[PDB]
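Here is the structure we will look at.
When a residue number appears, it is its place in the shown sequence, counting from 1. Both backbone and side-chain heavy atoms feed into the values below; hydrogens, waters and symmetry mates do not. Counting starts at 1 for both ligands and their atoms, in listed order.
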Amino acid sequence: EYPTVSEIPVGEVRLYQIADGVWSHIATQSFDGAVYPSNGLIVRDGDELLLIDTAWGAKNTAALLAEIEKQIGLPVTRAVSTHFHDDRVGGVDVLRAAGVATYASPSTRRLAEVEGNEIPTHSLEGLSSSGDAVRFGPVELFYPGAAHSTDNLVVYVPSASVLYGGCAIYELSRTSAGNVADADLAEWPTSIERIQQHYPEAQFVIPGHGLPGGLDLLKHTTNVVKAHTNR
Ligand SMILES: C[C@H](CS)C(=O)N1CCC[C@H]1C(=O)O
Ligand code: NA
Ligand SMILES: [Zn+2]
Ligand SMILES: [Zn+2]
Ligand SMILES: [Zn+2]
């Protein structure tokens, strides 16, 4: 029942309740003539919401805010971007204009600036070394090491046993490597192993693109990465 890329027109956003107080958000964009989905997360924080990642662009992110207001009706007070690419920070200016406090690691902020992307306002401390974790409202943020990008973070919701892998974790249906231009292929498997080690109790694992599953998505990603490595 997870919404698929064929059931969301570009410009629209769907929410999917994963567990009590936890949703993913799903949006789409076209790339090179194909249509791709992208996921983020929404976590209830008392009477407010924590947003993880934009909906991939300004128009989608405006739609996200409208959909959250319509369906949930609680204010989004903070947002965290999990890496510097446009499916994570594209829409930050929209969030900021709407009064949402935007956050990312200093590593993400630097890379976004170099790329000419939107730059979250606030810097997250305590995430500079592989294996570092910090609590952020109702979630834990974890830097597993370089993988899909050098800055990628994962997010865990301990109340719900939900692990949001972002773009460091691939869905099962992805059989070959995606965008690896900014990746550290050599470190990626090691970084995945850190995630497995730190969150062995995860019940739901959400990739940055595509269908959720369980912890098997980690080994799946390792397999695809290692196949690409040996191309
Ligand atoms: C914008 C995302 C960031 S992980 C991306 O790179 N995509 C998403 C669609 C394909 C691929 C690309 O642009 O090469
Ligand atoms: Na932890
Ligand atoms: Zn990316
Ligand atoms: Zn602020
Ligand atoms: Zn992505």
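The drug occupying ligand 1 is L-captopril. Lab note: most contacts to L-captopril come from the chain the PDB entry lists as beta-lactamase class B VIM-2. Scanning the protein heavy atoms around atom 10 (C) of L-captopril, the nearest turns out to be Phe31 CD2, 3.6 Å. The atoms of L-captopril that sit less than 4.0 Å from any heavy atom of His148 are 4 (S).
Contact analysis puts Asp87 in contact with L-captopril, with a non-hydrogen atom separation below 4.0 angstrom. When non-hydrogen atoms are compared, L-captopril lies under 4.0 Å from neither the backbone nor the side chain of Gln29. Near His209, the atoms of L-captopril lying under 4.0 angstrom from a non-hydrogen atom of the residue are 4 (S). The deposit credits the origin of chain A to Pseudomonas aeruginosa. Scanning the protein for heavy atoms near atom 11 (C) of L-captopril, the closest one is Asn179 CB, 4.1 Å. Distance check for atom 7 (N) of L-captopril: every protein heavy atom is found at 4.0 Å or beyond. Checking distances under 4.0 Å from L-captopril turns up the other ligands and ions ligand 3 (zinc ion), ligand 5 (zinc ion). Contacts between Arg88 and L-captopril, counted as non-hydrogen atom pairs separated by less than 4.0 Å, are absent for every part of the residue.
Listed by number with element, the atoms of L-captopril under 4.0 angstrom from any heavy atom of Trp56 are 1 (C), 8 (C), 9 (C). Under a 4.0 Å non-hydrogen cut-off, the residues that form the binding site of L-captopril are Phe31, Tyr36, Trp56, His85, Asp87, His148, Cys167, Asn179, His209.
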